[PDB]
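Naming: A, B, ... by sequence-line order, numbering from 1 per chain. Counting starts at 1 for both ligands and their atoms, following the listed order. All heavy atoms count here, side chains included; hydrogens, waters and symmetry mates do not.
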Number of protein chains: 2
Amino acid sequence: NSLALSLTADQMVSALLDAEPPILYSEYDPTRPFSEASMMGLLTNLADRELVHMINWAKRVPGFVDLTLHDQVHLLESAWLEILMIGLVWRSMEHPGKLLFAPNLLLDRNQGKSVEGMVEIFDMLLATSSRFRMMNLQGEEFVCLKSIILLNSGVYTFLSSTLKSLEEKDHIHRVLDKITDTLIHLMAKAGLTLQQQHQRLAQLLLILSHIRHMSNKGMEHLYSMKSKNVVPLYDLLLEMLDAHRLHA
Amino acid sequence: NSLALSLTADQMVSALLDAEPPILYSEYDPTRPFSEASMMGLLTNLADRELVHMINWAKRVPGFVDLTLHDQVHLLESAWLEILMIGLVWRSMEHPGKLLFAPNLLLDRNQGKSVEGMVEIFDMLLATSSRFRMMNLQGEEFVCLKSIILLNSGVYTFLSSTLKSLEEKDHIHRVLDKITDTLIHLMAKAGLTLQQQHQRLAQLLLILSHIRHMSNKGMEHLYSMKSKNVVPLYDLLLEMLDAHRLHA
Ligand SMILES: C[C@]12CC[C@@H]3c4ccc(O)cc4CC[C@H]3[C@@H]1CC[C@@H]2O
Ligand SMILES: C[C@]12CC[C@@H]3c4ccc(O)cc4CC[C@H]3[C@@H]1CC[C@@H]2O
């Protein structure tokens, strides 16, 4: 019984849409040459800035703040990259063959070749973008999916069985069911038949497994550069996630 | 129009069930000590033997042989490990805390600690097994899911856009929709309401994203041992997949 399981389909949608994060710009001098900037440095700087905003977004996803601090952290540490990728793919949907990492930063596959291992990832992201185009993915659907990833990605890795942990997983699976009801709701409204509904649902959810795959590939690349000497992501997340209530 | 898109739910189920592969045994001398055998050597030998049988299984999955040789190969090269894992998890469903890799080879997490990186994977597989138990996963559902993985895992990585390739992807997405219809069918029969249906469907499909994750982790481990000097999996698959029609 909470301000999460009570909501109706349209309430969840509105909640998710209003919670959407902003679209950041790549930080580079626009009046200066380009073959000067570090593509990676740019992508990394952008991701880091977006993370800060991803936290605000998560806290506004119905049911998320009802969880424990550490559970909230685990889920984000597990899904952060997939969340960034789906957003990226969503933005690029209307730019065939390009990835709109930022309004002032559109890259085609050729531009991903200046870095080892990056070209493969760019092609998977582009292919995902085309898939969405093909499916005519809607913004209402996009938000549900992105919220689904936040909750589902790290739910199978809680290396705990305490009573509290069982109550936590139950809650998560309950919220996910509500998001499922919403997606179906959004489809019935649209005019899709019942068959087309369960079919579109499957099609969308199965894309999530490819997004997971892209994150793993991305984690591999990321983890090959940085070294075991940097505040482990867990902590940064914890610091930003464990906020006080002073700036009332 | 083919012996695939024509079938009815019960026909697909029967097809999938009758096509099930056999349960192989680990090859080791049962009358000899155990701390003697190579855990990895055993797991690798088993997987290799199962692959041979996975090919026969795939060829019997409705719609699979209508695809081109190379497409059939790509899909298997992409999903083989996930297929082995789901099967493994399915077998272990009635053995809390253990992984029944084979009837004569049951291992708990302690036994996975004799090898670097393996303990993490054992825990993800065990957690998946528990999840299925919890969901009371049915054998009819299991086969649909395993078939879904075969078709969905590598469909987003066909680095081709020829007309033939578009016709190939269309076919795959059409078969997948049929498997979706089957799953729903299997649930309505069971007595689940329409809400519980789309909800159970979501729950099952979302598990597939975790199975993908386990494969990536497994591929990382596998790829860290063997060396770039072994008949690349593509070829073994091609050889076994490109069969003649002489043993009529
Ligand atoms: C993490 C990487 C840099 C940042 C990239 C990014 C940065 C911002 C964003 O919104 C999405 C993505 C998706 C792919 C990410 C890349 C995968 C490999 C690279 O290390
Ligand atoms: C591929 C590995 C050996 C074979 C293992 C196996 C072997 C047979 C099988 O039916 C399932 C699995 C799942 C995990 C696999 C392992 C993941 C890491 C290891 O290299």
K.L.:
Out of tetracaine, anisindione, estradiol, which is the molecule at ligand 1?
P.N.:
estradiol
K.L.:
According to the PDB entry, what is the name of the macromolecule sharing the most 4.5 Å contacts with estradiol (ligand 1)?
P.N.:
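Per the PDB entry, the chief partner is estradiol receptor.
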K.L.:
At a 4.0 Å heavy-atom threshold, what other chains are in contact with estradiol (ligand 1)?
P.N.:
A
K.L.:
Look at estradiol (ligand 1) and say whether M118(A) reaches it with a heavy atom at a distance under 4.0 Å.
P.N.:
yes
K.L.:
Which UniProt domain of chain A has the most residues touching estradiol (ligand 1)?
P.N.:
NR LBD
K.L.:
Looking at atom 7 (C) of estradiol (ligand 1), what's its closest protein heavy atom, distance included?
P.N.:
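Minimum-distance protein heavy atom for atom 7 (C) of estradiol (ligand 1) reads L43(A) O, 3.6 Å.
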K.L.:
Could you identify the single nearest non-hydrogen protein atom to atom 20 (O) of estradiol (ligand 1) and state the distance to 0.1 Å?
P.N.:
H221(A) ND1, 3.5 Å
K.L.:
With a 4.0 Å cut-off on heavy atoms, is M225(A) touching estradiol (ligand 1)?
P.N.:
no
K.L.:
If you measure from each non-hydrogen atom of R91(A) to estradiol (ligand 1), which part falls under 4.0 Å: side chain, backbone, both or neither?
P.N.:
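Answer for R91(A): side chain.
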K.L.:
Among all the protein's non-hydrogen atoms, which is closest to atom 9 (C) of estradiol (ligand 1), and how far away is it?
P.N.:
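Sorting protein heavy atoms by distance from atom 9 (C) of estradiol (ligand 1) puts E50(A) OE2, 3.1 Å first.
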K.L.:
Enumerate residues in chain A that UniProt marks as binding 17beta-estradiol and that sit less than 4.0 Å from estradiol (ligand 1) by heavy atoms.
P.N.:
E50(A), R91(A), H221(A)
K.L.:
Which organism is on record in the entry as the source of chain A?
P.N.:
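For chain A, the PDB records Homo sapiens.
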K.L.:
Heavy-atom contacts under 4.0 Å between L84(A) and estradiol (ligand 1): side chain, backbone, both, or neither?
P.N.:
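Both the backbone and the side chain of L84(A) come within reach of estradiol (ligand 1).
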K.L.:
Where is the nearest protein heavy atom to atom 5 (C) of estradiol (ligand 1): which residue, which atom, and how far?
P.N.:
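Of every protein heavy atom, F101(A) CE2, 3.9 Å lies nearest to atom 5 (C) of estradiol (ligand 1).
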K.L.:
I'd love a list of the residues lining estradiol (ligand 1) within 4.0 Å - heavy atoms, by chain and number.
P.N.:
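Non-hydrogen contacts come from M40(A), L43(A), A47(A), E50(A), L84(A), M85(A), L88(A), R91(A), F101(A), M118(A), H221(A), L222(A).
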